[PDB]
Structures are given as C-alpha cells and as structure tokens.
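Pictured: Histone-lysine N-methyltransferase EZH2, co-complexed with GSK126.
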Amino acid sequence: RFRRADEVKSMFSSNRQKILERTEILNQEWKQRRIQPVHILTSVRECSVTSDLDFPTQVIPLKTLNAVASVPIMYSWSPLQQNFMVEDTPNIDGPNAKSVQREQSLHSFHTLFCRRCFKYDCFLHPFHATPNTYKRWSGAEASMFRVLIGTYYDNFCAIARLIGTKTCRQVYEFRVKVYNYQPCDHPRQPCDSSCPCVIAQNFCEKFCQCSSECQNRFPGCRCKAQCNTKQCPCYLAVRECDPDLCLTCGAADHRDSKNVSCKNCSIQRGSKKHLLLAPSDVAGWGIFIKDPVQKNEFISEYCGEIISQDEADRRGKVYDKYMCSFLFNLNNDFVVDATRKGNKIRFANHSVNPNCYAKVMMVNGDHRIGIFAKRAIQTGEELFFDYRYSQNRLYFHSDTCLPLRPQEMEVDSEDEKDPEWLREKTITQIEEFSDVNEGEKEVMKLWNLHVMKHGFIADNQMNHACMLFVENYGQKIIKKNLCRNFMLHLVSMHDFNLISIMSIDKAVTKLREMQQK
Amino acid sequence: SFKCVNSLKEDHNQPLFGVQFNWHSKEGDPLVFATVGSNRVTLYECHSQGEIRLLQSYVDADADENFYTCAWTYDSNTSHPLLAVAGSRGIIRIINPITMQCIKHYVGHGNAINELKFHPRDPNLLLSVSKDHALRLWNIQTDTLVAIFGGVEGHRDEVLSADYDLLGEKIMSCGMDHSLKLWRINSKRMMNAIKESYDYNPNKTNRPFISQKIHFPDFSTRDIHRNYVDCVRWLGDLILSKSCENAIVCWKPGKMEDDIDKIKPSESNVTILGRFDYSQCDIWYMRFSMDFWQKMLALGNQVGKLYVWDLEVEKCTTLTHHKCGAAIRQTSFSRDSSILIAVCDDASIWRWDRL
Ligand SMILES: CC[C@H](C)n1cc(C)c2c(C(=O)NCc3c(C)cc(C)[nH]c3=O)cc(-c3ccc(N4CCNCC4)nc3)cc21
Ligand SMILES: [Zn+2]
Ligand SMILES: [Zn+2]
Ligand SMILES: [Zn+2]
Ligand SMILES: [Zn+2]
Ligand SMILES: [Zn+2]
Ligand SMILES: [Zn+2]
Ligand SMILES: [Zn+2]
Ligand SMILES: [Zn+2]
C-alpha cells in the first residue's frame, strides 16, 4: 500500500519529463511557421451577437456555405465471402525433444483439423473431428518412428528414407521392445433410425463414417452437363454437386475455372456476378448489378455471420428499434446475420414484386443462402428479393463508401476469397491455444493461409494442395525450422483418409531437394 | 486562479458543442477561437478589456445539420489557417477563414461525426471519430482516405472521442461501448500508407487509392469505466478519460513498468492511477480540454461550475459566476494558457482570464 503510492509519482515524474521533452519539440516546430491570422469580412442575411454584460451588440453578414450532397446511413461491417460461426505436449522439432506415442505426438492435429474445409480450427464447423474420422538415438528421432508404425505399417527400407537421421534395418530393436448436418459416427451400428442424420432428415455425406454403401449417403449425379433442371438428383434435392462424387458433370473438373460445364456448383466455387453499390431508389443504400443476368441465373451468395437461434433471439431485441432486420433463417437451428459481417449483396432491399429470390441450398454439409434472379436482369437494375419468404447513375465503393468513378470500375471486384482481416484473424486463433505447442502452431498458420489463397473445396484436390504447399511455402518451412512438424501434418492428412501415400514420399522429396541446397 | 470578464449570446439560442483556440497562432498575433453549433460556425477574436470581437460566421445550406466539433490546422505551403468542422450529417467541411469559402468537403461517413482531431506533426492528416463505429484518417493535402479504424475487432458501439499522442505516434479512441482502444500509427504498414497517399494521383493510375482497413486494435480494454465513455485525451504515456460517473480517471495500460511502446495487443491488465472527482456532470457528450503545456485541466458541468485542475500533483480550484447557468459542453484554453473560453447550451460564451 505504501509501496504503490510511491511508484505512482516516480513514474509520474519520469512521465512528466516525457511531457516536457515532447511538448518542446512541438513548440520548437511552432517557432518555425509564420502563419497568417483571421481577419474580418467586409466583402459581403445576417448573424448577431449580444453581450449579457453591457457591450455593443455586434452584427456581420452571414456567408452561406454551398450545399453538399449527403449519403444514406451505413454502419460498420466487415468484408466476407465464406460464412463465420459465432459463440453465444512438447515440441518435436528443435533442441528440446521427447519420445511419445502415435497419438500424443499428433494429438493437436487430429483434434484441430477440420475434415470438411481442410483448415486448422476452422470458422464454420464447431464440432471437432469425430473419433474414427482420423483412423484409416534422441527423443525426436524415436518419437517420429512411433508415428509411422501406425501409418507406414511394416516397410523398413522406406521409413529410413523419411527420418533421414538413421538407416534401414537397425529400426528392428524399436519394434522388438430442416436441420443442420453433422457427420454421423457409430461403430458396430448401421445408420439406422438412431443416427443423427436419419433423426435430422439429412443424408449422410462423404464426411460420414458409416458404411461405404450406407443406405443414407447421397450418391451424386451422372449428368453430362448443366445440372440445372429437375432431371439431376443433385438439383432435385436442392443441393450443389458434391465435387468428389459428381465426376461426370464437371464439378471435379478445372477447379481453377469459374464457368464450368456443371452449372449447379456456382456457390462453392464463388462464381458470383459483379455487384455495385449506390443509394437505393426507395430509400437508403441499394445494390445494382453491373452486367446483365438471365432468368434463374446465380447472382451471389447471401453471406454473413452464423448465429444460434438463441443468439438470434437476443439480437432481435436490439434490431427491432431501428425497423431494420438483416438476418435470415438458414435452417431450423442456425440463422445467418449480415449486420456485422456480410458481402455486397446484403444491400438488396425488400420489395414484394422483386426480380430475385432466395434459395437455401446445400453445399458439402453447409447450408448456404443463394440469391438468384426471378426473371431476366439487364445492366443497371437494382436487385430486390422478398424478405418474407426467408425471414447513368452514381456508383460507390464497397469498403469506404467513396465514389468509384467509371475510370476503373471494370476489374475492381472488391470481393476476393481471402480478406485481409481473416488472414490475420486465423493467426489470432492459432496462437491463443494454451494446450498446443508453438512448433506445431507455426505450421498450421502456414497451411491455413495456403488453403485460403487458392480456394480449395474438394477432397480430391488435396494431393495438389499438399504438393503446391511445398513449392511455395516450403522455404519458410526450413527457415522457421518446421520440417518435422510438416511431416506430422502429412501423416495427419494421411490419417484423415484424404492424401495419397506416394505424395507423402513425393512431398518430402521436394522439401529435401531444397533443404540440401 | 482565474477571473471571468465577459459573457456573450448568439441569435439562435441553440447549444454549442465545442470550441478550440487556433493554437497555430503566430507569436505576437491576436488570440482567435471558433464556435460550432446549430448549423453555423462562428469565429471570434479577443481584445483588450474583455472585449470579444466577432470576426466571421458560416451557415450550412440546410438547417437539419447539427455541428458537433471542430479543430484548427495550417496549410503546408499557403500559410492560411483551416478549421475543419463536422456534425450530424457526417460531412467534414474545411472553410478557410482567408478566402471564406468551403474549399473542400468529404462525404461518406456512415452516420454523424462526434469528434475531430489533427496529427500534431503533420497538418495534412485528419482523424474523424464517427457514430458509424469507425475512426477514419483523411489526408487534406491529397484528397485520400488513408485508413478505416474499426472492423471485426473495432468499436462495437457508437464512438464519441479520440486523441493523438504528443509526438504523433499512437491514437487512442473510446465510445459508447465502454472501451478504449489504442491504434498505433508508427508501424511501417501505417507509414507506407501515409507515404503513398501523397504520391497518389487520380489521373496517373486507373486504380483508386488503396485505403487501409485496420480491423484489429493494438490494445483494447473495458476495465476502466463502467458505463459509456465520451472523452479521452493523452497525457504523454498516461491517458485521461471521463464517463457519466462524475469522475475523470487516469490510467495506464499494462503493468506499471511495462512501456507503452512495447505493450502488444493481447494485453488485458490496466493500472488505475487515480481519479479527479467532480459533481453534477453526467450526461451525453461533455468533453474537457487541456492547455498547450499540459499543466491545466478544465471541465464544465450542467449547472455552470467551470472546474479547473493543477496537473502537477507531484486542488479542485473552481470557477463560478452568478449568470453562468446552463450546461458547459466544452472548454479550450489559449496557446499561452491565459484565456479560458467555455460554451453553453443556451448559446452563450464566457471568457475567463488567469492571473
Ligand atoms: C442494431 C443495429 C441496426 C439494426 N442496424 C444494423 C445495420 C447493419 C444498420 C444499417 C445499415 O448498415 N444500412 C445499410 C444498408 C444495408 C446494409 C442494406 C440495404 C438494403 N440498405 C442499407 O441502407 C442502418 C440502420 C439505420 C437506422 C436508422 C435509420 N433512420 C434514421 C434517419 N432517417 C431515416 C431512418 N436508417 C438506418 C440500422 C442498422
Ligand atoms: Zn471446417
Ligand atoms: Zn533395406
Ligand atoms: Zn451420417
Ligand atoms: Zn449414421
Ligand atoms: Zn450413414
Ligand atoms: Zn447433375
Ligand atoms: Zn451432382
Ligand atoms: Zn453437376
């Protein structure tokens, strides 16, 4: 008590000198300037000032300011393209190492990986990777082998090629001594009327762990192209094609492309047409469209925050006072909310005779809200849709609400796949974990950014995903000393049943080619 | 320590929510302040024997605008003063009192604007604190929006005040979300924006100038005050900020000995260094101010007591007068810290002199 009173003024006085020494340099910069003063106006309706103390009442003419065109009300929101969910072991790489089992060395990976979106501690799916989804001498060198006996089985001359620090057969001695879908899981039990999918009236997806030929899995479609009429069971089930199943239409072909042969997967790829912002013709901000759009053509994914129904109930309190609700029912259990985070299309105003409509389609387990054109739309119409069913002009920028003049309004498209704040926000969420070591943390940060930069959305893509990761980010792998954790990432990819075995050999080969250089 | 010598009143009887002395005054040149309120900015000069002289006045085209604040600034190469004003419409006019015309105007804030400040070492960088939950850093010289402070981790409610630090290296803001958020501006990422915002040219590149959205503060806390916060000014490396709790509070973030230029974002501890206790001041939007050498601290209340404080408590001296009746929104000293002008709710002004 007597101690803290004494620290206040010793810091006050040291802080005081900081005030003095700083304020002088501002004062010294003030002696540098010879700035003119303010003088009265005799050049030019009139303003007047009286004094409550006996003094002549002073009058001067009133110089009028030119009118300035105001803009409608807008509150602070954040760019988004893929939805956002909200709530209502030593390092084995560098100087200090340890020898632990197969599961302890990989523990953070199996629990922190997301089987559906391919990132560590993702932002959509809160439930961790279900149990059987991830089952298909120093201390560091020995704990590595311990990981491989579950993965590499009995191959001895190949295991030595990985660890690099020892050789072949000597290894012997170690051997001697409408509801939302979530993946269903139940060993020794078929997917019967006790299965969460059956109970929820959802088909098991590729992520489920039920039998291969389970009687509840959606099979995909066999269409040659389009997938856009009732004939295609993907379309007919209000689904976008599953790009690890529908190999015939094109959902698994040319993932780089945006106009694919299959037209019922424009949401998952993000082939959304260009949107432009301007004041609405009703009142407030409205959205207009750049180029023309056909009848029943995809416009944009109505995107936002994923909130619970109980969180949607508390926010419905605050939203009611401004006569302006921006939330839509995604399914029975979850609601999307564009008030805090959203995308360009959240500026479609309500109208009961609209030219667009909302269809709540399904994409790889995730229910998403798609906006489609009710009729044909030509250049420069404002897009409307009916809020009830789901719940030669001046153009403006999206991020800043500044005027976007026509000089460069063609390839602007202020809507990428990985925004600047997410690329950082995922780094915030990796480091904050207190139970995960920081050697494994500094690799999952590298993977999450690599995934978002290209936009991976298919299980079949993961061979190219892990081979492209080495070509670009493998340099940061060696410079930051994570070559061993990268191998853990590979056998975790291989534990989750979505990478080829020869790629793990091919990936380490391309890392060692630059390592020994 | 002071003494009142004059009182004024305008011709609209509407409240005035701020005043500033143009601290960019020359040496040996007369003291000048400016008054915002209603839809009109009025400028004033001081003279001998408590005379307050009326210089010029500007009215905006529509009576719906309700100005809230203003701040002075000199031009780099033309030497004229400029007084930027912003209010309910969210527009920031410049209005130089030399040629007496709205030289520039910047639309595009999401709501009203609640406080304005300028960078201490650059008279071209203007910060606006807005009702739209975000701070914005303009650039008077080159017509470019540099930054937008407030995205995902920004101010989740309405923002009401901010202030640069002394050298000009770290902004601190606060608003109706009970939070005070430090946004440094000395990082090379914010700096290469200020650099490239000058070397930007509208007809030199078909590409709008890349404005920097800052989504994550460099420090945040809600541990100081309880209810909303409506004012905040730096103290070098300490921070003063008030609330509707009848007390201005001093605090530094982090531990005691942890330097402010080394506190990294995820810091959660504070250190309340004490409070200036006052009475009857407890409504929306009631700022204070400090003189140029930061030994004075002046606050007004709703019934006309015009508090003062000695900042070298290494002394609740008060100022009251028989006609000083309505509320006191804002005060501002002169640069030489000799004259204290306070504005009121009933469109009145009071002039106090030190001895
Ligand atoms: C609790 C928060 C509250 C519910 N909330 C949330 C948001 C995102 C938002 C907005 C806002 O971001 N809009 C932009 C905009 C969008 C996104 C879309 C369309 C189609 N169109 C738009 O404009 C505005 C207002 C608001 C309040 C009062 C008001 N009035 C006073 C002045 N006189 C006219 C009426 N106007 C607008 C409230 C908001
Ligand atoms: Zn996921
Ligand atoms: Zn061998
Ligand atoms: Zn299932
Ligand atoms: Zn099942
Ligand atoms: Zn099943
Ligand atoms: Zn099909
Ligand atoms: Zn299909
Ligand atoms: Zn298809």
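Chains are named by letter, beginning with A, in the same order as the sequence lines. Numbers in chain A come straight from the PDB entry, and the residues shown are 31-74, 81-124, 261-308, 432-472, 517-730, 2562-2687, in order. Chain B is numbered as in the PDB entry, which gives 81-394, 400-440 for the residues shown. Read the numbers this way: they start at 1 and go in the same order the structure lists the ligands and their atoms. Method reported for this entry: X-ray crystallography, 3.9 Å. What's counted below: heavy atoms across the whole structure, side chains too, no hydrogens, waters or symmetry copies.
All instances of GSK126 together account for ligand 1.
Every other chain with a heavy atom under 4.0 Å from GSK126 (ligand 1) is listed here: A. Residue counts put most contacts of chain A with GSK126 (ligand 1) in the UniProt domain SET.
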